[PDB]
Student: 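One structure, pasted below without further comment.
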Amino acid sequence: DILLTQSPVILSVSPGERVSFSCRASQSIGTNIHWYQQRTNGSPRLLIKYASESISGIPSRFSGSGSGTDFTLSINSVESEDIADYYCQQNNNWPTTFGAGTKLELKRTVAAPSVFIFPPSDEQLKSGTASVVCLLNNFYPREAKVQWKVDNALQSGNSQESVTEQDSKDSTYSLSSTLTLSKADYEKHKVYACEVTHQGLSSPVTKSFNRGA
Amino acid sequence: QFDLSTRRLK
Amino acid sequence: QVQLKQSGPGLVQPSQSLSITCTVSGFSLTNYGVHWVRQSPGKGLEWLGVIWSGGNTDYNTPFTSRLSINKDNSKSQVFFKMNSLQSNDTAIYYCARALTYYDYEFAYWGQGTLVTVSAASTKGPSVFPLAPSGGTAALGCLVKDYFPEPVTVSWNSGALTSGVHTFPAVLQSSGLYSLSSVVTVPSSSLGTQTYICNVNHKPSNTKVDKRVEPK
């Protein structure tokens, strides 16, 4: 099988900048290489066929070149909708093989997160479980801290984080931190606070509620 | 490495 | 308009069989060949096989024994069947069509089929409201305790997309998945507008519409 090595693993650029994706073959494959785009939760999308040939509906800002073992996919002016993974595929040799792909991240101005805290619903408390959700919305960069406090007691090990991929429009991230307690534990305490640390904040922001208002 | 949840590379 | 639509996301017991149906439109299966490609954490994109216009089949080397592709030209359906699944067979499976009948540049893809190989049983999720309380209100739904992935979440039957963030599912210690889907709206619309998250967990046929109001 033909081994396709894509470099780098991660690319980080700014909107309007040129960017080049590398794809190297273990041996000469002529120009029998295809490129693909894959956005979040999407299927691969054909960008370029046979090293340089254009594809219908594909923006003119996408082009490709190279021959033999060294190939290059180029975006002359990156837009926020270009945020995706990019794969290369060879078919000069059977069977057709794909590269490991390159992740394209976009840089932008620092954006402070908007913080919202959500108490557990009365509907869930019937199950004997309580989920307290903290929302960090539309921020940049990805790095952020979420510290949970229950009656001034530092919570640890009982929370989980989920982070959205970069937004295709404003290039921001959103984060959700979920504090999970038993209904017994939740009922024994009053003040539930969520402290957020981020570069866009000159001070940690705390959203909190008293159980039962 | 590919993530089945988001169909994106981590 | 050329389209390929695969069957619903599925759970497969260890050492059991996997079956996916690819239904096509916009072209005839007698004119084009249908390929099958999977995507896994450990192996990335991987070409599996193809059934050609004439009915001939090619299977990639490490699948020749347990792979089986069939079709019905009349019903425009392609049948993918792989035997003896193990954990590292857990991946997203695609059916695809090339630009030209003989070639391999995949310009058309199915939406994908997330296959999870596990002995565990299917469980529908519970949906709980994230009730709202600078003129912008945040609200959402808590989709908790389900298996396996995936679950689809929309807002107001697809009419609401602006400001929606559906977070990636996280695996809890219980072995059950959980996610939240949020959306920012004008706080003055909480009295006028109705907000419903449309939750669908096809592996368990659990379909729930959850109305989210201020408590």
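Quick note on labels: first sequence line is chain A, next is B, and so on, each numbered from 1. Atoms considered below: every heavy atom in the structure, side chains included; atoms not considered: hydrogens, waters and symmetry mates. Per the header of the entry, the method used was X-ray crystallography, 2.5 Å.
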Student: Write down the drug found at chains A and C.
Tutor: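 PDB records name it cetuximab.
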Student: List the macromolecule sharing the largest contact count with cetuximab, named according to the PDB entry.
Tutor: Cyclic beta-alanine-linked meditope
Student: Which one of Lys10(B), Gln1(B), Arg7(B) has the most heavy-atom pairs closer than 4.5 Å to chain A (cetuximab)?
Tutor: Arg7(B)
Student: Heavy-atom distances under 4.5 Å only: say whether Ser43(A) touches chain B with side chain, backbone, both or neither.
Tutor: both
Student: Where on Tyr87(A) is there a heavy atom nearer than 4.5 Å to chain B: the side chain, the backbone, both, or neither?
Tutor: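 Looking at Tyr87(A), just its side chain touches chain B.
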Student: Which chain of cetuximab gives the top heavy-atom pair count under 4.5 Å against chain B?
Tutor: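 First place in heavy-atom pairs goes to chain A.
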Student: Report which part of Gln38(A) has an atom under 4.5 Å of a heavy atom belonging to chain B: side chain, backbone, both, or neither.
Tutor: both
Student: Which residues of the other chains approach cetuximab to under 4.5 Å (heavy-atom distance)?
Tutor: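 With non-hydrogen atoms counted, the site is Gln1(B), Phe2(B), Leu4(B), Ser5(B), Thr6(B), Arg7(B), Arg8(B), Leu9(B), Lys10(B).
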